[PDB]
> 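Right, I'll just put the structure down here and ask away after.
Chain letters run alphabetically, one per sequence line, in listed order. What you see of chain A is 308-331, 341-416, 420-459, 469-526, 533-547, where the numbers are those given in the PDB entry. All residue numbers given for chain B refer to the PDB entry; the residues shown span 308-332, 338-461, 464-528, 532-547 in order. Every heavy atom of this structure was used, including side-chain atoms; hydrogens, water molecules and symmetry mates were not. Order of listing sets the numbers, starting from 1, for every ligand and every atom in it. Method reported for this entry: X-ray crystallography, 2.2 Å.
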Amino acid sequence: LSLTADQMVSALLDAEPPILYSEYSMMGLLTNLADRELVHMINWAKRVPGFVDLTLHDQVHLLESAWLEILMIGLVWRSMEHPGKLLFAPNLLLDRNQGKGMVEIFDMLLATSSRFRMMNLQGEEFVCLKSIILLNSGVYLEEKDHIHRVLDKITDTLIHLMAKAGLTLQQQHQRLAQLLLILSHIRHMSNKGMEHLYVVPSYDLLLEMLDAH
Amino acid sequence: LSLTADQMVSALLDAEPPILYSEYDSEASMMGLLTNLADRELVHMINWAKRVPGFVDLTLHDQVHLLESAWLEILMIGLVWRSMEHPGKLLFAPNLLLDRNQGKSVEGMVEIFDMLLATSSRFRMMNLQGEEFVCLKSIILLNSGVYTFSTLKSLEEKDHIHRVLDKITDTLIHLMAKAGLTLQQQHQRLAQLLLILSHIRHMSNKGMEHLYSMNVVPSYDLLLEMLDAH
Ligand SMILES: CCCN1CC(Oc2ccc([C@@H]3c4[nH]c5ccccc5c4C[C@@H](C)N3CC(C)(C)F)cc2)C1
Ligand SMILES: CCCN1CC(Oc2ccc([C@@H]3c4[nH]c5ccccc5c4C[C@@H](C)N3CC(C)(C)F)cc2)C1
């Protein structure tokens, strides 16, 4: 929390999870791949500055509410350079008709990817967005206060990055807004995803992955 | 887009729909009252939407689609705003003030009440201002459905929508600056405010999911007919 903006970025970049491969019907592959990415997400979350300062109870709650959103923005980020296609894994690249109630979700994921592409979303930016999702998704006294301080710190970092890129102050606030409004759509996709399922990772499973002290 | 920030706020403040009342004269009545109230607010919402800058510049079908996507979000943020200075209560109408336990009377309603009450609590501890609220409501209208529209006309709509969003963002920053916030505090509050929209989306989806467990959404032509004036 005392880290500089530059230290925050580098920490988050270093904390980035690996790209996994699909173990190989299509629903089993997407399920299995999601299950394996979950473990690496948990270990990513532990390295997000300020996260392990929360109680384990609250860490689990945040992960319970954020896990699908984080899977999805990750999917969308690496699918950027592959228009009309979703790169779940290097050996699992699917289009919208391979989705044929998954096509609607595929479509939404595809639109979000094109949005990122259009915005020319940078790696240093995406990684901040992912941290914000983790901390923001489940927050609805000392703990909520801490979460909001970390969120504020990431906001600073995002603004710093845009300043470094040479964007004017007006462009900074405008780009910040565009990025955060995208999180609304990711939230929506996660909701529909959870709906199209009804499954979820239990409290105990997440707590186990967290590998307590 | 020629509007200044001051002119943006003014237009949004004038576009504000009226505060409506529940009928004048029971837990078995609750859902009926909440449904009747929602239907009546919908009418004023369409009029409000038309007076949001840039909205009527859009095609009628894109206008319908934005409202199909955002109508429950808009209802809810209005409710949350009305309830801000009434801790533990949801002010659906000045004569319809409900709490948690009254929500219990309907299956799965207490969870939605809790989320709405928590959002009201968030607005409270942020000391959300009226000028900020109408900006946030406008953003919901323009942003919620824009990612679920490739035709050339549609590409032009999206660019227009994103440019109006940019302007509302400029308006939000302006308001926070006049209030005397530092630059750092301005971006920080802008972020905090926009993050709440994620949760409002969340609530709309949970609530939409309730409704299908029991006319539940406005039909295309219903919204069309109200939007498609002569
Ligand atoms: C027991 C632990 C919980 N796991 C069961 C498993 O349930 C899922 C089943 C399918 C999906 C897919 C999926 N898989 C991914 C792998 C890497 C990155 C993105 C994804 C997604 C997003 C999306 C296609 N998911 C389908 C869904 C949930 C209906 F939207 C996500 C979760 C998560
Ligand atoms: C054209 C058909 C669509 N209308 C039928 C009507 O269905 C509803 C029935 C109940 C609700 C309530 C409700 N009512 C309000 C009145 C003014 C402002 C806010 C509200 C809300 C939010 C919330 C409590 N709604 C319940 C629910 C299930 C979450 F949608 C929302 C919609 C909307």
> What is at ligand 2, out of palazestrant, paliperidone, darifenacin, triamcinolone acetonide, fluzoparib?
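It is palazestrant.
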> In this entry, what is the main binding partner of palazestrant (ligand 2), named as in the PDB entry?
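Its main partner is Estrogen receptor.
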> OK, heavy-atom distances under 4.0 Å: which other chains does that catch around palazestrant (ligand 2)?
B
> If the cut-off is 4.0 Å to any non-hydrogen atom of B:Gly521, which atoms of palazestrant (ligand 2) fall inside it?
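That gives atoms 28 (C), 29 (C), 30 (F) of palazestrant (ligand 2).
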> Give the UniProt domain of chain B containing most of the residues in contact with palazestrant (ligand 2).
NR LBD
> Is it the side chain (CB and beyond), the backbone, both or neither of B:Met388 that lies under 4.0 Å from palazestrant (ligand 2), heavy atoms counted?
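B:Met388 to palazestrant (ligand 2): side-chain contact only, backbone stays beyond 4.0 Å.
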> Going by the atom numbers of palazestrant (ligand 2), which of them fall below 4.0 Å from some non-hydrogen atom of B:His524?
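Counting atoms of palazestrant (ligand 2) from 1, those under 4.0 Å from B:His524 are 28 (C).
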> Which UniProt-annotated 17beta-estradiol-binding residues in chain B have heavy atoms closer to palazestrant (ligand 2) than 4.0 Å?
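Going by heavy atoms, UniProt's 17beta-estradiol binders that qualify: B:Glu353, B:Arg394, B:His524.
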> Any idea which atoms of palazestrant (ligand 2) are less than 4.0 Å away from a heavy-atom of B:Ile424?
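Selected atoms, number and element: 29 (C).
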> Could you list which atoms of palazestrant (ligand 2) come closer than 4.0 Å to a heavy atom of B:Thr347?
5 (C), 6 (C), 9 (C), 10 (C)
> Against heavy atoms of B:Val534, which atoms of palazestrant (ligand 2) measure under 4.0 Å?
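With B:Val534 as reference, the close atoms of palazestrant (ligand 2) come out as 1 (C), 2 (C).
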> Find all atoms of palazestrant (ligand 2) within a distance of less than 4.0 Å from any non-hydrogen atom belonging to B:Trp383, and give their numbers and elements.
33 (C)
> Would you say B:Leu346 and palazestrant (ligand 2) have an N/O pair spaced under 3.5 Å apart?
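Yes; at least one N/O pair falls below 3.5 Å.
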> Which palazestrant (ligand 2) atoms, with their elements, are less than 4.0 angstrom from a heavy-atom of B:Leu387?
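In order of numbering, the contacting atoms are 18 (C), 19 (C).
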> At less than 4.0 angstrom from any non-hydrogen atom of B:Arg394, what atoms of palazestrant (ligand 2) do you find?
17 (C), 18 (C)
> Just to be sure I read this right, does palazestrant (ligand 2) sit under 4.0 Å from the backbone of B:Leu354, its side chain, both, or neither, counting only heavy atoms?
neither
> Heavy atoms only, cut-off 4.0 Å: how does B:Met522 contact palazestrant (ligand 2), side chain, backbone, both, or neither?
neither
> For B:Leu402, which part has a heavy atom under 4.0 Å from palazestrant (ligand 2): side chain, backbone, both, or neither?
neither
> What residues sit within 4.0 Å of palazestrant (ligand 2), counting only heavy atoms?
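With non-hydrogen atoms counted, the site is B:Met343, B:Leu346, B:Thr347, B:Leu349, B:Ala350, B:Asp351, B:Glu353, B:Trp383, B:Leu387, B:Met388, B:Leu391, B:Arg394, B:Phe404, B:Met421, B:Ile424, B:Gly521, B:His524, B:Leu525, B:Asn532, B:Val533, B:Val534, B:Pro535.
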